Amino acid sequence: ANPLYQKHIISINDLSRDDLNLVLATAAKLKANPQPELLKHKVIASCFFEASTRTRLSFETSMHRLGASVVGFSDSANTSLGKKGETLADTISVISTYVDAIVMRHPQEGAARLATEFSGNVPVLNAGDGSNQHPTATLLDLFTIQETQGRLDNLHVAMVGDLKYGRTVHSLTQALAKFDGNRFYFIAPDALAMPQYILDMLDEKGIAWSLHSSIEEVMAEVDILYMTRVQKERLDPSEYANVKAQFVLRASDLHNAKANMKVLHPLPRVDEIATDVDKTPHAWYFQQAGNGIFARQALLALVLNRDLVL
Amino acid sequence: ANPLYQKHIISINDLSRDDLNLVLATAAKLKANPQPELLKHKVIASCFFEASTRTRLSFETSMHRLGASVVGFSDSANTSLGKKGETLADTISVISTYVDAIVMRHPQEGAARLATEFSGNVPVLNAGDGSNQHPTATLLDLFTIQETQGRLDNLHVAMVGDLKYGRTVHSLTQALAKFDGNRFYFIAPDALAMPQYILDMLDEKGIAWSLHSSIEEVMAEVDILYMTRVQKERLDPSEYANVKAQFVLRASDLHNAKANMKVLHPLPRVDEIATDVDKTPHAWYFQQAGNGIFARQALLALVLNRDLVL
Amino acid sequence: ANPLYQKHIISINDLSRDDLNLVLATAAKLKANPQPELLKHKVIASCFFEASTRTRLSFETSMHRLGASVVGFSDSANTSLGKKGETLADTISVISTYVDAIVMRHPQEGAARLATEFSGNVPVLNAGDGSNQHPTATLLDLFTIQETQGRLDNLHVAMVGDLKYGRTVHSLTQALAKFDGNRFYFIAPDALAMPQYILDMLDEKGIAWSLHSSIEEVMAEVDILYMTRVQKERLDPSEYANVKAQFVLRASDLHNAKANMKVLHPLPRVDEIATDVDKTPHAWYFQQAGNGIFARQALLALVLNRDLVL
Amino acid sequence: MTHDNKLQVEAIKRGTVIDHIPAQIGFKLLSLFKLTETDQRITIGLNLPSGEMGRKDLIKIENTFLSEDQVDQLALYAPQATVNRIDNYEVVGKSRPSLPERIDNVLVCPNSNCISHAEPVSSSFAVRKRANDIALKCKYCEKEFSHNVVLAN
Amino acid sequence: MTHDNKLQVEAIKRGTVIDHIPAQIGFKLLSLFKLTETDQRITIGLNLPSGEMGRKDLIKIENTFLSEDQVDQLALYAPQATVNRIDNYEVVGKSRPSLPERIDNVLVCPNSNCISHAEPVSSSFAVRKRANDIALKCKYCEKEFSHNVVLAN
Ligand SMILES: O=C(O)C[C@H](NC(=O)CP(=O)(O)O)C(=O)O
Ligand SMILES: O=C(O)C[C@H](NC(=O)CP(=O)(O)O)C(=O)O
Ligand SMILES: O=C(O)C[C@H](NC(=O)CP(=O)(O)O)C(=O)O
Ligand SMILES: [Zn+2]
Ligand SMILES: [Zn+2]
């Protein structure tokens, strides 16, 4: 049985450099030679209690690419939890007696963790829980990062935007901290700064990080420019001053750009990345999006299939 | 004819030091020598297009005390400007063919000035225009400052709270700058700081003013502590971080205060003044409120009476 | 000074039998001998924080009949308590520095009592506080009962409808219990039964009272049939089963009624009294309404006049 | 002076000693009486035996003497209690809680629509022995409740 | 064998004796760990002196036995305190609260958007000696807080 078989995938904080490398290697093999019936006869629940376009659609497309079947809801409004006052615990209790695995996105932190406590033997894959974790996004970011830089060790990484609420940067920052020699540069407004627990984790492992007021202040020494969106829907009223993006990336800003440096964005982007960047050789967010298919097929293959894909 | 006979009271910036002194002197007389018929046969329009309790009620009460008739509306929802799309210019044009004077409070700065251009000979008294001017408020504050300090010169005055949106402090400051040797202390959040146009004026007149981050810094020097309410209805979403009162006055903070210092507030107060301050010799906001009757009778008397002999 | 001079009229429970008799006697005189200037130079605040037609209008009409000036608001939506978050205590504190008396109707029980603690020497007349007391209503009912029966003793009175939420019947009952030999008949749905605190009081005084499930049971014994409206705005969702009138009076049910029995109702009536009852010698609700002018002038006259000689 | 009847007994010079506190009430009075503030050698005895009376709680606070009202407010939560004023290891005054006419501040009116909640004023109820339970009338909404219901503040 | 200074009876057969609890703590420990909701005899001593332990606090629960689990959870409020195992008057055991790795059911996650507030689950925090203070990490939302901002029940 491979390491991640029947394992819950809630937080990157629970995985190891090994579990990640495994996922990516598998991701690369599946991208190379597809396996149409690997998950034949499996039924997966796709439960999104929060909005989604890529995560849900890529996830579900992946389930089909592997021959699995999909049941679920894209909005909780018509679930009994939405109209009959049912608790999340009971929802996950009955659901876990119908399907082989559960993929869920929820508006409250810890929702995925909560599910594992009532999912019996059925695994739970966290598609996003409030502002906490977002493992499968990170898994596709790493895949994309390695695909473009050749490695995941010793990289100069800049994360701009809402770091406080960006569940993507929370996961990603913890992932890259499991590898060596990665240099981090955080560019976010004060009210939306990276949480302490992440910075402490960084200090402990002796990883180097520094705050910067502008993109240009680091544009020359970054391999990956990870742009994020302001988590408008999660902001407190007292933070509405930061609803608009302070750091907008424009093509002209990529002049002193290291030739190998790519620009990433978990998406969706609002106005933090001008459309002109779209046709510069540095933009890679749409390629990145596409990789979600391989990283998500890989993840499903390992959790629902005992033997390391042959 | 007295200086103010038939004049429009729009902005304190249009009144001189002598005009102000004339209103205070008169207020003093009416407060001790009532004139129940001074305005018999006059009809005054009380037009409030925005909420009010003290200003409207005190104004209409003053009209009755002086024997005038009141006509008007406390909510524009049922005027034809509210349900039929009529402009403000037309509202003022017809209303001015019915009444002898117009008291008006409006949500947008400049509404009163505009009215004077459409009211013909009918004088307009500005009861408040957005965050601009609040003339009659300043008149009652001056009256109140003068009766508690016996002077309007060489006073140490501190203005606390939302100074940006506070029409009350905008008018009160331009007034006190018309007297000599007054020292201003401005304590407010950066976002709600005192407008620059008013400060340029203070400098222009060589008036001493300074900023402070706490009330405790100036408590033992002020003769008047002017507390204001955060103008929530006027705040910009990007300023919703300042709705909560930053500087709150409690009874304890009054220990090292001059024995003659009075705590003033235009009202209403939300949480900026603890109610325990109410029972101290310093609390004077309610006395200040009552003085609104005298300041406003005086104004009405001077504007609608060519010659006044009391 | 008369007994009521400057007193607060909050709860019938604070007035004695002689106080009530004084108001009725005076009402009798003013109804036959008008005093157009009895209150010349007084300004009264009419503050209704809840809907009203009879009470407010009759009260303000009475003020004008007596030569007083009226000031106030019929909707708290445009006061600063409504748009600025001001407490009721502060509203009453400043208003009381403007006017000579305060008439107030509020949605919460106890609002009037509270006002007396913040109004200084200014008397407060309770025009209705939630489902508690309705003093001036009871005064006009007493006046009306007395002029139709020539007495307030040994009357057979039936109170029908919502007795739980009816401040009208709460005050009317405590009043009639101050006289001798009155017999009460309570006809109401169990959920809207008469509060226990009032019944304990009836027993305490050895007053005869009984419950009945229909009007027909008592029709041939009552001198006064007091019909009430189901207090829908005060009902609890768990009581929405009683919004519809349970006991409806039609013209036919009046056949075996005493020739001298009058049908009373505080108004408005919804469906509890068929309009065909309107054309019968028994219908007296509208006469009762008109009597509100006399009962309320008397009260105002007695509270604002030290000595009254009519 | 002397030595109590039962075993585990605590001694003091001057202060108050509430005795006969009903079971599961001792720790409560300790709460809404803010006795735990006074850093004076306090002594609490929970679930002590009470002869034929079963089990009692008992509090002892040195150099502290209950307020001019607390004993009356103490009459509600524990009527059958006794407050001994002990000066110089001796009971220079023994008292029994008496129901006051009205009780102010500590209680919260059960009527939700009572104005006493929203506005800045101290509550107060008029106490009145009824038939076995104490009846409390709100100074504001004028409604009367059973102290049973009211003691859910 | 407590000490000496004016007598008063105070000794028990079996049970536990949490000793050396700092000031204004004995009350908290009584509430948090519901160490009072029991029929057993308890005798709380507040402020009673103890040398270096100037104004210490003391709690004695009769017939009640803690556990390495429980005792450790005290290391979060009264770390230095010593738990004495008294069996048959004889002090058969003597431990000291060491930092536990996780607190359950007691505290409440300060993050309002934490799933733990809505669903029927018990709270839980991983304990960690950050730097100056102890950091608490919610099992669910995964956010950490100074052991000081975290509240409980
Ligand atoms: O929305 C973001 O910017 C962050 C993150 N974005 C995504 O996962 C991409 P999607 O909403 O299309 O599934 C999320 O929380 O959904
Ligand atoms: O509203 C304030 O806080 C200050 C000032 N207050 C008043 O005028 C009191 P009112 O609105 O009761 O007449 C104003 O500008 O409206
Ligand atoms: O509303 C009722 O049915 C009874 C009574 N009715 C009135 O006061 C009539 P009005 O609201 O028109 O002044 C009341 O308590 O409000
Ligand atoms: Zn009440
Ligand atoms: Zn949490």
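Note on naming: letters A, B, ... go to the chains in the order of the sequence lines (proteins, then strands), and numbering restarts at 1 for each one. Only a part of the entry is shown; contacts are counted within it. Order of listing sets the numbers, starting from 1, for every ligand and every atom in it. Quick note: numbers below take in every heavy atom, side chains included, and nothing from hydrogens, waters or symmetry partners.
Of the drugs L-captopril, N-phosphonacetyl-L-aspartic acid, AT7519, S-warfarin, WIN 54954, the one observed at ligand 2 is N-phosphonacetyl-L-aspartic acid. Bound to N-phosphonacetyl-L-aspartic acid (ligand 2) with the most contacts here is the chain that the PDB entry lists as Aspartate carbamoyltransferase catalytic chain.
Those other chains that come under 4.0 Å from N-phosphonacetyl-L-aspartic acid (ligand 2), heavy atoms only, are B, C.
Going by the entry, the organism behind chain B is Escherichia coli. Taking UniProt's list of L-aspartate-binding residues in chain B, a heavy atom lies under 4.0 Å from N-phosphonacetyl-L-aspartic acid (ligand 2) for B:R167, B:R229.
For N-phosphonacetyl-L-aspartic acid (ligand 2), the residues with heavy atoms nearer than 4.0 Å are B:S52, B:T53, B:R54, B:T55, B:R105, B:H134, B:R167, B:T168, B:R229, B:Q231, B:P266, B:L267, B:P268, C:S80, C:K84.
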